[PDB]
Asks: 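A structure from the PDB, with carfilzomib (bound form) included.
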Amino acid sequence: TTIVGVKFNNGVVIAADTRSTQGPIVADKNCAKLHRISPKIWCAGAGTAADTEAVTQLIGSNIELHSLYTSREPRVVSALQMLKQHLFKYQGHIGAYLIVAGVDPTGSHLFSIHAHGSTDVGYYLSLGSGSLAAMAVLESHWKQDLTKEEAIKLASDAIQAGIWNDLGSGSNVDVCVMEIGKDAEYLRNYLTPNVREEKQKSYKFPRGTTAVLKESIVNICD
Amino acid sequence: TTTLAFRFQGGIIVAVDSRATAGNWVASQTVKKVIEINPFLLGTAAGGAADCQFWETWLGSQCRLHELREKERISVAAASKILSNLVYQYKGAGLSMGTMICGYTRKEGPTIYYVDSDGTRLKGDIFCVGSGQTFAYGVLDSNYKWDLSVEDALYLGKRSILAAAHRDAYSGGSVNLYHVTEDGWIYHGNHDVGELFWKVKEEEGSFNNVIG
Amino acid sequence: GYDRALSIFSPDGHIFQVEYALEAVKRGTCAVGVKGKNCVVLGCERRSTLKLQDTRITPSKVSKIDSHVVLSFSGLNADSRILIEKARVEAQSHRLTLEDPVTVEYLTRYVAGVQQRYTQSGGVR
Amino acid sequence: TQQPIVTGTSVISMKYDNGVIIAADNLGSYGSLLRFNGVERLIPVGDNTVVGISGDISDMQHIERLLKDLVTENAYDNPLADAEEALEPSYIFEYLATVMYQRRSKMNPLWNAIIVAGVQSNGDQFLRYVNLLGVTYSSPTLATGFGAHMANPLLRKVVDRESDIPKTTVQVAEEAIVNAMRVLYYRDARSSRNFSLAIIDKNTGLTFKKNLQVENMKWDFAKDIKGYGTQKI
Amino acid sequence: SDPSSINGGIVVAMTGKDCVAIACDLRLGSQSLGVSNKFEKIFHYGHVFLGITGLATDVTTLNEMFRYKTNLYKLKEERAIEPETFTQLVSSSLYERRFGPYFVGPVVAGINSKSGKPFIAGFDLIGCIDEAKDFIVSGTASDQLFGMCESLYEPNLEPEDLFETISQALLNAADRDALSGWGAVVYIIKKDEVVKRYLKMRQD
Amino acid sequence: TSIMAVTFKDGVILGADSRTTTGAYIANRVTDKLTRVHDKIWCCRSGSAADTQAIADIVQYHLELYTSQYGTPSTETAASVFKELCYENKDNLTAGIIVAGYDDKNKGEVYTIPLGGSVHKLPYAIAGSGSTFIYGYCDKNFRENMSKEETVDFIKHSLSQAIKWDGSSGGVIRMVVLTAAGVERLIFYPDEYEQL
Amino acid sequence: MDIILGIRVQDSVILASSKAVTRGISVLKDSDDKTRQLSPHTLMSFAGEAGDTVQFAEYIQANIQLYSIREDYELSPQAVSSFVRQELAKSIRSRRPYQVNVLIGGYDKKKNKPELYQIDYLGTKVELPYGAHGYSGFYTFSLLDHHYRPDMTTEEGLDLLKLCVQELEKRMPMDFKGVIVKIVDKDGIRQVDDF
Amino acid sequence: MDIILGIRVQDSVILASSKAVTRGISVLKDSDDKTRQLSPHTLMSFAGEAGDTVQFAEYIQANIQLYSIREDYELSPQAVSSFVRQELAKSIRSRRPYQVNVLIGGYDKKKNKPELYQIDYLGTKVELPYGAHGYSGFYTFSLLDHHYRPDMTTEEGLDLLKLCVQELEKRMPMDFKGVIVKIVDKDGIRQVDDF
Amino acid sequence: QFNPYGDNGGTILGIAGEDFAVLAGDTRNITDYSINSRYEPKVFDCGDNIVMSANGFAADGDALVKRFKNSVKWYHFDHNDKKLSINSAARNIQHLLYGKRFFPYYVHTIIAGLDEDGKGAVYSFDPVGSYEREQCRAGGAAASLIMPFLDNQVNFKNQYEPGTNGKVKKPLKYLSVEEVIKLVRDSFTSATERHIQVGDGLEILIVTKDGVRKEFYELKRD
Ligand SMILES: *[C@@](C)(CO)[C@](*)(O)[C@H](CC(C)C)NC(=O)[C@H](Cc1ccccc1)NC(=O)[C@H](CC(C)C)NC(=O)[C@H](CCc1ccccc1)NC(=O)CN1CCOCC1
Ligand SMILES: *[C@@](C)(CO)[C@](*)(O)[C@H](CC(C)C)NC(=O)[C@H](Cc1ccccc1)NC(=O)[C@H](CC(C)C)NC(=O)[C@H](CCc1ccccc1)NC(=O)CN1CCOCC1
Ligand SMILES: *[C@@](C)(CO)[C@](*)(O)[C@H](CC(C)C)NC(=O)[C@H](Cc1ccccc1)NC(=O)[C@H](CC(C)C)NC(=O)[C@H](CCc1ccccc1)NC(=O)CN1CCOCC1
Ligand SMILES: [Cl-]
Ligand SMILES: [Mg+2]
Ligand SMILES: [Mg+2]
Ligand SMILES: [Mg+2]
């Protein structure tokens, strides 16, 4: 994976590639690594795929119940605290590496969480196998007082660096923009620079090519 | 691999499969596991593909040099012992070879020698070698008689490989048949298991475990 | 190691050391071989200037190389032992690898090959 | 079988329209200890080749001696030693590549990653990599260690394929290299601020720059970062 | 002693025009020894089809488990479970055993009875969902199946054409794997009819 | 890490670098290793980031609950809670923590807690991988009852050398001043401290 | 424990189980019956780790006999095999698993059909026309592939079984001291005394 | 390779050697002769690592036959055993030792006495009235301690040997496919064809 | 401890026609998750109408190709400029490979050309020298993906004649150079999609009686 997070004027943006690997094999060419914890708190996940999904849903569930209990919109630090304490308890065995971001009544926020339960604060962050390719771009082009459109460009450029240069990352670029006072916009497949070219030949077989031994109608009804 | 060769009234039958594996990866279905050393000598190949192929090719060169020097075809015993003495020099180095040197000479008659990479050399009437040797033995032993006809012996050899090709996951592809007589070896064709299995199942009425 | 080429060609195309080795054979006691229809017989001369000999223990002129092959000779007695020994070893080595005793032609060919090797090897006569 | 003791980190390089640029910092690390600070890891061979070496420094110094000796040996009985029969980058590389692979094959490797940058006699750019395993490859941009992970991505944005080489000037190319060196100083724990840079041009020849420093760094934003999550002071 | 490759086997699922196909081999072995040539790896709960590769004892255990859970679902909900919902149930159940997992590679396939949309999905052994428009693969010849499906597949295939594509994908992949084959079954699934075909393949 | 805490005339100053590493990669170059467990009780964190955070969070919780019942805790009390966690979970922790705080009665105090979980009250303390290189320097240059400006220079020069030699240390030099006046944060950038 | 075979024919299930009990370099017993009657028309043979085998077999037997008394009814071979599989499926993820492989031969009185189930220690169940555990299969399966027919009589099944035992006695390394053969049919379970 | 026995009686030495050659789960041969004639009145049986056994046996045989031709004289069993021991004693400290255990049964024509020597792969020689290699000894030694007498005839020795083979066939785990028995006496070496 | 081997990834493919033969291979060179070169050729013209590729550990691959090229040179010197036949080349390569039986060249070797009857020939080698002539062979990282597709499309495996009740097989026939290149390109695009070590570029070398031609095609760079 390659995942990034970038702060800007009036909020925060996160992004991710869409490759899912199984050893050297690409299992999913267009998986979604951006997760919704609450309406305006989103999470980019790298590492063990089942773990990032499971841990984000569990904390997202508890955040919803907490939001209903307290009659308040949930805060990023609550998700951050609940995630890190969960991950720390499991001593790194739950392999979730997360970039947690969002807006809440306190303001806009950007954090990262590692599998062992350590958290970091920053204006720009990157995790995953292609984090070094992404961080190289972020270190080269990031500045203070980014606009919305500049942060999206920087974020997607950092993901692209991972896509092209890291074998662990590829396919498309997902983006989620969380601006203060506005609804969070989830931009699924924001860029699709890896479209499969037309095949040279159709491999549609003549009907009857496959040898059959038996046929039977299957009963699905009661 | 599965390879066999047995001695009988009408000479020697030799049968082998043609599969080659690298773990669970089926690398080839068309490997020649019988080496034609000369018009009267055959060698079978099981174990490491390179080890067998390289050293049995080498054996053929040593047998050629024998008949140049001695003006006489090498004995099956002497040929098998060249190979066994060779692999014994490499004992412990990790060679993996399960071979059978089959042939006819005037002084010996039809003869089969089992030779393997840990130095074992055995004369015998029946041998099965390879990962599916036990499956071949099961069919071969239960149907073997010395008084088999050339036609029945050829079939039993073929059927024994087929049995192993079916059950053993690391055997298959096709069956290569050979018949060795006083006049030399005779090739009896390549038989793909893809067609041979169903042909045998129907005609013989066997393989009732499989969905027909 | 002693390297000198002792056996060499002369202007007239002769290897004198090989030819002088034949003179040593000509000096040696006579030996004869006659083969019949179903047998071979090896006859050997023993010079009678040596009385007070012990014939029990004195090296016999005819030597068994294997149970089926024999070797007699004429010439230097000490030299013959070296050939006989080499031949006997090769006889056992053949049985070990070929699983069959040597033919008389093969054993001869080996012995003859040893003799030849000493005609173009350095340091040896 | 070895283990590297005193080590040198990333060597980065790229092609541009008229030649090649190569750079490497001046550090000799002893594990986590930043032991030696005056180490030159770019070694020129003649006036047309520069060999950049990372990894074990004792082995680097051995390679220096071999290259030094190669120049001497080439001069022997060679009236055209400073002309047609001068040492080419391709000759120097193939020699090293032969040695590196022979040493790995004897299970006693020179624990290094090497990049031979230069310009051939016909004006063509030469840039090729070789390492302790004897593995060789060429590319418009080449880098070792952390450079491979962080520099290459940045340098490939300038020269992504062959056709981008004529379009890249020495000004643009050097700027990218100097930027990459800064990024490596931010992020590589065994890097130093001081570095050397070499340009081999087909027109202006060999330019060897010493005692360069990473500058125009962004650190100001650090003051705003407090705690690791909740903390507000 | 690698649980996922003791028994062997494969499953593949594809989508077509208003239809889905799911197929599997019939082999069950103990490493090199072939034991059974009748071991089907595809099950169904109502109109939702589940294929499972991997350790055979877990394949059986999970089938029995999902039959259990879907039966209770139906009694309480008073309707058949849908593929999207079942996929979530499989994921939940597998991740529940996160640190002592079932050694399996399940594959969901079916058509949503409300929307009529063809649906397929795959999972790893700890329940990570792998959703796909085109195809899902699983088993000891997954690499082979990935190669076959990626080249042979095209979108919007008719049920009769889709049958040929998925069958050829399975057959040729199985023939390059020692632990897969020994027969094969293909399910063609339309909105309100399901056809099951047994394929003739080489028996080695 | 390179961390230190130094007592002086008006109170105590904590100091730290800003480098977090995974092997030789710098995961964070602007880390804040100086963390608040109470108004005027802070700590320097070295070792595992996860462990030291988890510990500091628990200590902050304990001292907040202490304050609700018994009022402001002593710096010694804070160090005791750190010790209790580090000692009792020594098998599962990699944390080198320096506790520093300002009382009005006790003035500036520094307690260092190494891996084992032992407590050591000292005039000043150094810790973290890069501390090894400045034992010689700090011993020769430390004086009791220094001024604020002298103590800042002592920490700055010390961590500058630690950073210079230790690859595992770098970035900015953060400092936190604890006196009767209040809490002051200080930062010092490479361009300044490197050429000292 | 080593050789256990099973052959389902037209009207019966035949189980053959080796008599040897070796431990070390000593054959301690040569007349061991490696089977338990679970119910009047259900028989289970077993092979595996010492102690585990009998302990498991008797535990299953006790449970099936308890069911029979409670319901005054005999469980079907299919039902018994499913119960056994589940017990082994639990076992494999226990602190100390039962290392026992079993064959369950039974005659279903409701269907009037013989049934043979092969279950390994992992809980891997398969219904088969013929089955084996351990190294036996490597010889017998290929042999039965050839000679077995589905419509065979019990007498034909015994001859087919003799053919297996002969092959094993010829090619197996260890002396397993022959086999105890038992037949399961509509009339229940009986032992062949002369084999 | 597994079972090799030897019994010295009044006027002869009797060697019994198992016929089985096993490898993996397959008995490859059941008529193997694990012995070589070193000289007309000296016989050596052998057992151990595959390949090593025959290679070593034939190497010794070649050397003894070479000696016989050279001197036109048969070496004594004592002399042959000492030669064999030295070869094994060298071997054990080689790069790759011969892992071969041997029994040397011979009839000394000068003494008119039978002689049995037991030599292991380390080069450990002992002259014995009865001997065995491998696990065989664990049964046969105690049996022979009881039943053996020094003045027994060849026929009594064969009955005593039958008693050993029976015990081994009863209690040994592996099927060794019977034995080839050979007798060494004043008249040389001969094989018992019906055992 | 020093490990003398490495994995440089990539994949190769050889197909034989009636009067021609192709040997294709991607141009990507990798170590772990990093790209070393997007264009590093590993299919070489070795003279005498023999093309060769030794995919796997590049250092061993280059060494082998270098040595075989040299073997061809000395074959000319020692045998009066005689043309090295493809069958003779294969046997020679077996001895090169087996020569290092106890410290192998970690490569899958494939050579292609024309046999002495003018017909297309492809030979494939394991790392220690076992070889076999075939109509078809894929080697390297994505060999497991490509090879079964080739069985189906080149050798018409599992394909029967429609309406013949799976009794008559699809008849074998030679493919045109145009049809073969279509299969090569589709094989490599498919392999690029699902294998991370395959991409960047595709270089095909075609061998006819006229000589050795080259064709290059772009592949996805993620
Ligand atoms: C980049 C793309 C680098 O991987 C990202 O970091 C992504 C994160 C996204 C998907 C959220 N990472 C992966 O895709 C991740 C890489 C990985 C692999 C293995 C361990 C850790 C990380 N891949 C996965 O998580 C896949 C997702 C599947 C393809 C849907 N899962 C697997 O590879 C599982 C790993 C399961 C696991 C078990 C125990 C501890 C850790 C992980 N592996 C298998 O399924 C392989 N095998 C199949 C046969 O059954 C036995 C297991
Ligand atoms: C039956 C079919 C199976 O046992 C037979 O026994 C056959 C004998 C025939 C081929 C003569 N045996 C094999 O097929 C044999 C099994 C085997 C493999 C390895 C060691 C011992 C036995 N297979 C081979 O020899 C394969 C044949 C190739 C794939 C055509 N070769 C390899 O596996 C090679 C060489 C192995 C090797 C031996 C000694 C030293 C070094 C290497 N290995 C690879 O190709 C490695 N790997 C394959 C997967 O792709 C990545 C590279
Ligand atoms: C200096 C740098 C060293 O003393 C300081 O002490 C700082 C203290 C600050 C950050 C509070 N220490 C670190 O930066 C610390 C060094 C360290 C590493 C490992 C064990 C103990 C201490 N670094 C970390 O804790 C990082 C922080 C991450 C990058 C946010 N974590 C890792 O390096 C993890 C930790 C795993 C771990 C091991 C043992 C005990 C606890 C946690 N390590 C990895 O992920 C290993 N990694 C796997 C992939 O390949 C590269 C190595
Ligand atoms: Cl931290
Ligand atoms: Mg098979
Ligand atoms: Mg530093
Ligand atoms: Mg790719």
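Naming: A, B, ... by sequence-line order, numbering from 1 per chain. As the structure lists them, so they are numbered: ligands from 1, and atoms in each ligand from 1. Just the heavy atoms: all of them, side chains too, but no hydrogens, waters or symmetry mates, feed the values below. Be aware that this covers only part of the deposited structure, with contacts counted strictly within it.
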Asks: Got a sec? Need all the ligands or chains for carfilzomib (bound form).
Replies: ligands 1, 2 and 3
Asks: Which macromolecule in this structure makes the most heavy-atom contacts with carfilzomib (bound form, ligand 2), going by the name the PDB entry uses?
Replies: Proteasome subunit beta type-5
Asks: I'd like to know the other chains touching carfilzomib (bound form, ligand 2) at heavy-atom distances under 4.0 Å, if you can.
Replies: B, I
Asks: Which other-chain residues or nucleotides lie under 4.0 Å from carfilzomib (bound form, ligand 2), by heavy-atom distance only?
Replies: B/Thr1, B/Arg19, B/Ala20, B/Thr21, B/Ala22, B/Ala27, B/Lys33, B/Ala45, B/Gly47, B/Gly48, B/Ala49, B/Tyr170, I/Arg101, I/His108, I/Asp126, I/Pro127, I/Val128
Asks: Would you mind pulling out the UniProt bortezomib-binding residues of chain B that have any heavy atom less than 4.0 Å from carfilzomib (bound form, ligand 2)?
Replies: B/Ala49
Asks: According to the entry, what name goes with chain I?
Replies: Proteasome subunit beta type-6
Asks: What is the nearest UniProt active-site residue of chain B to carfilzomib (bound form, ligand 2), and its minimum non-hydrogen atom distance to the nearest 1 Å?
Replies: B/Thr1, 1 Å
Asks: Which taxon does the entry assign to chain B?
Replies: Saccharomyces cerevisiae
Asks: Just wondering where the covalent bond from carfilzomib (bound form, ligand 2) goes, residue and atom, if there is one.
Replies: B/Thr1 OG1
